[PDB]
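Bound state: Proteasome subunit beta type-5 + bortezomib (bound form).
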Amino acid sequence: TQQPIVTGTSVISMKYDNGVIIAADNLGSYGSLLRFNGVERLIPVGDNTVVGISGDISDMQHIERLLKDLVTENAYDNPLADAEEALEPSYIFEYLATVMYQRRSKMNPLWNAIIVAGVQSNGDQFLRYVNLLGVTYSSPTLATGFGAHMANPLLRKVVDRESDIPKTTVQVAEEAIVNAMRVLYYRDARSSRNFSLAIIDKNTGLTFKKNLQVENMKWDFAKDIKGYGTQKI
Amino acid sequence: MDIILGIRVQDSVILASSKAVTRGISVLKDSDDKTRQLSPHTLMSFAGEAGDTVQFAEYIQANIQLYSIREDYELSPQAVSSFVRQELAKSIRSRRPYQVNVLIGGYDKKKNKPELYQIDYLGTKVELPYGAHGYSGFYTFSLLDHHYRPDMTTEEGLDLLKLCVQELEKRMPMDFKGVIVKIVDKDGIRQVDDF
Amino acid sequence: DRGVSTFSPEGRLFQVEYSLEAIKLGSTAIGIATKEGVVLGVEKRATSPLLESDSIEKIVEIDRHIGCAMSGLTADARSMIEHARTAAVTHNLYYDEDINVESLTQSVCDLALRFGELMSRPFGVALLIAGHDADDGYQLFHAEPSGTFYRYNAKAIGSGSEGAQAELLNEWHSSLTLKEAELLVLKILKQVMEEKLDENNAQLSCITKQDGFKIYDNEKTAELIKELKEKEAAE
Amino acid sequence: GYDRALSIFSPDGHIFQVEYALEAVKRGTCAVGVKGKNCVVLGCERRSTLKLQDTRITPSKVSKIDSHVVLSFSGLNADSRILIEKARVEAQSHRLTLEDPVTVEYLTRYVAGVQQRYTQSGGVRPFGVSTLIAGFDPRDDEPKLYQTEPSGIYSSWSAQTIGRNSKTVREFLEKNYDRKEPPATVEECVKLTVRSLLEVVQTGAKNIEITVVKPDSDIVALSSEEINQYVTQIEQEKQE
Amino acid sequence: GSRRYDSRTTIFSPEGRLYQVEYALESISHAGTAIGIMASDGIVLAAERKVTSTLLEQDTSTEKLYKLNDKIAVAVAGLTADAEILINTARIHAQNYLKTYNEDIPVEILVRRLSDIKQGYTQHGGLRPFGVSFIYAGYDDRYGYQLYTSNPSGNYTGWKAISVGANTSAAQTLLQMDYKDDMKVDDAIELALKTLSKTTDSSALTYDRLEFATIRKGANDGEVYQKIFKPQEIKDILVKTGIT
Amino acid sequence: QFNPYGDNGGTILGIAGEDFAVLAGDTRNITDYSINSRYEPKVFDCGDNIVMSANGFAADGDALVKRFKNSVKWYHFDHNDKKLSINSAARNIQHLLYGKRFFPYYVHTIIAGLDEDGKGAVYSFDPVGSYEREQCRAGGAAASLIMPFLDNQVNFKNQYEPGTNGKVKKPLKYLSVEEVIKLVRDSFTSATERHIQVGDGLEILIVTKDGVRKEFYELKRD
Amino acid sequence: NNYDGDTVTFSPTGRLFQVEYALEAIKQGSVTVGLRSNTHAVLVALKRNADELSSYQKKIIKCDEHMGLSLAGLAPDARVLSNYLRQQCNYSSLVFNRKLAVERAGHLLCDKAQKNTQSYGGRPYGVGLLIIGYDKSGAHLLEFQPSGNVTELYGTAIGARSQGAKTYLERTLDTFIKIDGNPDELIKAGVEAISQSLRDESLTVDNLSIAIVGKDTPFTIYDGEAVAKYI
Amino acid sequence: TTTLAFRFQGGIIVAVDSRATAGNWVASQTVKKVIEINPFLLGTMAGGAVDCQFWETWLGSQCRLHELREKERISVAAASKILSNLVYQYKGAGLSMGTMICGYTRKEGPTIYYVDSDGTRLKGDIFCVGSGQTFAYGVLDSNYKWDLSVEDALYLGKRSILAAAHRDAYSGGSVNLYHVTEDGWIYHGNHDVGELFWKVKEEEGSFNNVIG
Ligand SMILES: *[B]([O])([O])[C]([C][C]([C])[C])[N]C(=O)[C]([C]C1=[C][C]=[C][C]=[C]1)[N]C(=O)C1=[C]N=[C][C]=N1
Ligand SMILES: [Mg+2]
Ligand SMILES: [Mg+2]
Ligand SMILES: [Mg+2]
């Protein structure tokens, strides 16, 4: 049993017709202090998987090393390491999901919420969640922390059920993700303007976008707001 | 369990022990014998936490019986009491201590003397003319302080014991359903069937 | 000296092969499987007339649906029986059912090769494990100290084994009755035994679906011996 | 730990260490067991090479395992103590858990199991001891007499002997013991036990020990004079 | 592997003997003779030191007679270093028994314990046995004065008079000849020294070649006194008995 | 302080027919007042014509089902591809659950299938492994809403025959698979209305001698 | 000679005799054949009986839904090794939700057998195994030797008189590799291959044991009247 | 829970209720609170459902192993002590059990042992265990005799459970009756309290408080 120290906030994601999108801001908070402004919380594994991690950053860095080590280990005595026997999103997830549940069972959890986004060998979209308790679930849209409360409602308006996935293009999906990130910046007191976004498409592969910023923000209306009720000046 | 008494007279040791076994709300049994014969001339009564009492008593009994067979010889009451004390003194610093208090009444055939030892769950041993565990002593020690004379006969000891049990039956809140009395002397151990 | 788990140049474990020699010195045990039941019979072979022969326990119950006969260093069998009994009962506890005779035999045979430098040597005893289950019906297995077990329609182990096996070769057919099998075990035991066969120096047993495993009384076996004598004198 | 396999099979299918343990038993002083109709008697040889002995304190050959069961032996004396101790512990353990004393068969089965375990355990040699275990089951008047040996096999006997010159006394018992009518009384049973030892012992003085066990934990060891009276009566009848 | 070099100390011969025990007994047969004699009013322990030197500091020397507790003592025959290992174990066992039962350990119980330890080295562990034979001289309130002996096999027996070490055959014959049941300590002292004087491989028996001890109820009233004799006291008793 | 347990909501329902058995369960997965997934399968085909669901804390539920499926696999290896009977599966599950008696699988387990006589069977478990064969059992969040309805409409409790006035009970006539599915659907529709953790979808697994069939129905998504 | 007392001793020519003696136990074992195409992999095993009353010793063991082997030599050693494979296949499924690769299964067997050849006290395994399987890279056939050497092959045979079946497969290489989408013809070629290792005895109904795995075919074993079709 | 067992002329009567609760929620009305350990031994269940179940069917495995090893039926004393010694090892861990081990043997006759998760093991003639034990005791103690017929003894046990089923909120459902002799136990049916109450009320003239 511990307490999280340096923490990362929401990770948001959704499926679309040819793949999956995942995003997370670049902040490492130290309680109310916005301590570290250059933290990458999307960690790619091969060219077909991206693992988005929230929660404790020291435990994230530990998980990052496990995944790095997993790639190394898979390559050993494996002539098809970059082909048929390459790591799948489903393999990477189940490994993490095993570790998370084992650690919670020893009463010493990795204090994280993880979303594994990727595309399988057969072109199928993979998107599944796991957290410090070993709880796992899948959905057309997945989000951690504040994202669960604010992003999911917006993303579910695009893909409300399974049959909406083929009808959703990458442009519409990315637009929804970027809007959700803006909303989180308005409303999450432990978020940052700077974020990373990753697209895993079955045709165009892995596109990893760094140094994105929340833009087109509405603040002008603030000038008209005066006092807390009766004040006019 | 509740009330266990002991009194050492001229030529014997007398142990009285309640018959009631109460588990919270109800009295499950009114004929329970809270004692074990460790050897032909050594008797141990006991009272404490449920389960622990019998488990401990039978464990001690087995060990003394083992000794008796190995050496073809009966340990002195003093020796047995010292063995018991060590087990409890070992027990008190265990993961889960034996929560048992005991009285060891024996007749030493070598010295031709009755002997009564009082040992609590901490391993606190004392040799006494008369003893008790729990709240029994609070009522009975005053009577015994007054009446006990060390040259008493076994019949006088039983009468003094009746006076103790009567006082307990008058002033104690719990109904302990009377006592089973046992006498330990040169001829061994016997039970007084009418008390 | 040399390792306990050493291979010979022929590709056999020395100690396993030597334990098989000890089993050849053991008293004869015979098993016959039929569609009406499996019969198990043994030679008691008391070393002296003062030895109370009914204390010789070379046929043993593992469960209600599984029996066992032994041959060789019979003292070694006790831990094998204990394991078998525990395996049978434990499986009933985990699965609320009887354990398959093959599965029981496999569990016993797993102990066999757990020796090295675990126990210091292989078992010096062979077992005939007979039983019944719903899936494969009446079965007879021969469990060796090599860890190998063969299923048999009929089998003889011990000192008079190859002579008895040749006799079982001719006599066994798939339509044998239980009564016919009982007499057949008695017939072959009488053939290979040194001393004259009677109810005190030979013991019978069987396993049926209805009644389960039963060791025969000396009075019951005595009648089957008398029935045998008359039918051999009949031609 | 020392794990060396000492007891192992030989090409002819023998475990020599177990068989050499039997040779140690052959060397040991003779011990005999005879059961009557309502009693069992255990006779034991004391070699008279050792005089100036203190017979009060010298370990007696017959040992009580419980108040109703006894154990005598032939072979290595030091080894026998280990078996007796284990047996006594198991006897008390059985009373503690089953709330009933051991049967003579159960106690024998335990001791035999210990002996067997030492024939296929690493780093240990077999016990150089064969035992005669005798007594009466709780609330039972049927006499019991069992024998064990280093290999771990055990069995029940109407009468049996072990140790040096046991071949001779077994010869005697085989012709003199009738199963249809065993020694009806204590006297007859003790007499037959002393007679059987007199075939081997040498002098009937302090060389014969006799222990009589009767039902309901009634065990007593005969004294020198009591045994000497049997020795006297046997030879006076023999002079004819 | 290592098997190649294993002597196998705990095995039977074809005849059913324990090789190492037999060879340990052969070792002990060359050790200085030790004699124990039990009387009605006490026990005597006499023992011969092995070919000493004039430059050996005798008054601070101890190779034969050791104290286990106030009631029990032992005479050693064999490897002294081996004996001290067992002696320290025995001393602890006596103290464990005292702490547990608050009574001095009965002699036989102590003897059985040491003998069981010796036995263990003959049956398991693959180690050599202790090349030691003890004579236990002790007293308790059950059996009174007791003499025992134990050897590397772990077998022990009780005695009225007994010898261990060298020339036990000759020594035991002499004891068997002159020993009587109604004997007293002063007489037993004389018998012990006379026996050593005849069985010794030395030219003459002197004070500097002896260790001597008595366990007497010759202590003021109902109690027991151990007396480990000093060099001068051994010299006096040698003159008294008429050996020097 | 770290709390190793959580509540993923949901509700399950097992009903044993005369020659069939059904095991139903909603597809909603939640924490607190949030929906994790509107379709997260909860009832699983474990092979050997046995269906299983471990409702409550989903991580412990998934772990248990995973370990039982594993137990079925090793039962085939160790016992010559023998079919694991529903009663034997039930006893095996008791030991799985009790193995963690002092750190329990925080779930309400139900299995369904056919007994060795071919009749419908449902077994129910508590978190620590106590079990019992039943004709009817609801488990999970809305179990308190559903069970009374099933006592009334499956076992005809408190129902009597008109005209007799309490003297003659309503006879316990058997229910068809079509009749059971109606009661299952009405149970979950009703449970969805009054329980916030129940909704989104209903997935029913039907077990007969022919095998395991699936049926899915929409539930209210509020 | 002097260097065959244990597995920890090289001979002067650099040989490990205990390993070679373990290899000898395989040659005494009954013949078994393995072969594959691009779609399916087949095991064929000649089972051996003790006598006419006895059963025929089982030769084929299932490790997973997509993998299994046939044995030749000490059967208990095959049980130990097949159990290990079952566990490794199972660990791969539970932890990684991934069917174990047949090549990786061979690597694991090699390393397990190796530890027994370098350490004192233990002994080499006394059995040879033919592992077939269908994974993400198609059909596979492995040959395991208890020296540790594992080899991926198109076809092979181990046991007594296995050289006859091995030569046949070496001739038929170009034919049977092309038998795609036809299990019965691939088994026929396997039954015809194992027939080249027979003397005196012939393939009967309780003598023959066949197993197959493929694209849409779980590892299944055929015994009894199920193989009468191929006799 | 209400369970009772009492010795009498015709052997032993064992009677139990059927209810299982989780708080105020009635979890089951059809619970088997009597374990058939073998054809001669019965065990009653009270307290934690699983603890009682698991360890009493385990007890049956230990009893079976005993009679395989000793070629003799296990005594009620030995069987009860196996269970009490087992739970004593777990003492403090939080096991929750109140059990009667009931049986007949030649050497003992009809015997009942109260075994307890605190380690208590008591031999006796009458025992009532569970939340509704006090209610059952009232009926039993006022109507008990050694000289009862198997028929009358069975009814007294049935009636004593009914008494507790009525008053104790955590008891009810139905009554399971057993009768233990020297040829084994004999089941005497499941008796629904919903029908038994009105039957007993009418025939016996009791429960005049309640309106029917
Ligand atoms: B009885 O009321 O003690 C009963 C006996 C048990 C064998 C079924 N126990 C229970 O009902 C307990 C709760 C309880 C109530 C009153 C006293 C003691 C205990 N219930 C459970 O153990 C349980 C098990 N599974 C589901 C629900 N409840
Ligand atoms: Mg005190
Ligand atoms: Mg809502
Ligand atoms: Mg009520």
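Just so we're on the same page: letters track the sequence lines, and every chain starts at 1. Recorded method is X-ray crystallography, 2.9 Å. Only a part of the entry is shown; contacts are counted within it. First listed ligand is number 1; within each ligand, the first listed atom is number 1.
Looking across the whole structure, one can locate bortezomib (bound form) at ligand 1. At a heavy-atom cut-off of 4.0 Å, other chains contacting bortezomib (bound form): F, H.
For bortezomib (bound form), the covalent anchor is H:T1 OG1. Result for chain H: of the UniProt bortezomib-binding residues, bortezomib (bound form) comes within 4.0 Å (heavy atoms) of H:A49. Nearest to bortezomib (bound form) among UniProt active-site residues of chain H (least heavy-atom distance, to 1 Å) is H:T1, 1 Å.
The name for chain F in the entry is Proteasome subunit beta type-6. Around bortezomib (bound form), within 4.0 Å by heavy-atom distance, are found F:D126, F:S130, H:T1, H:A20, H:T21, H:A27, H:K33, H:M45, H:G47, H:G48, H:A49, H:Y170.
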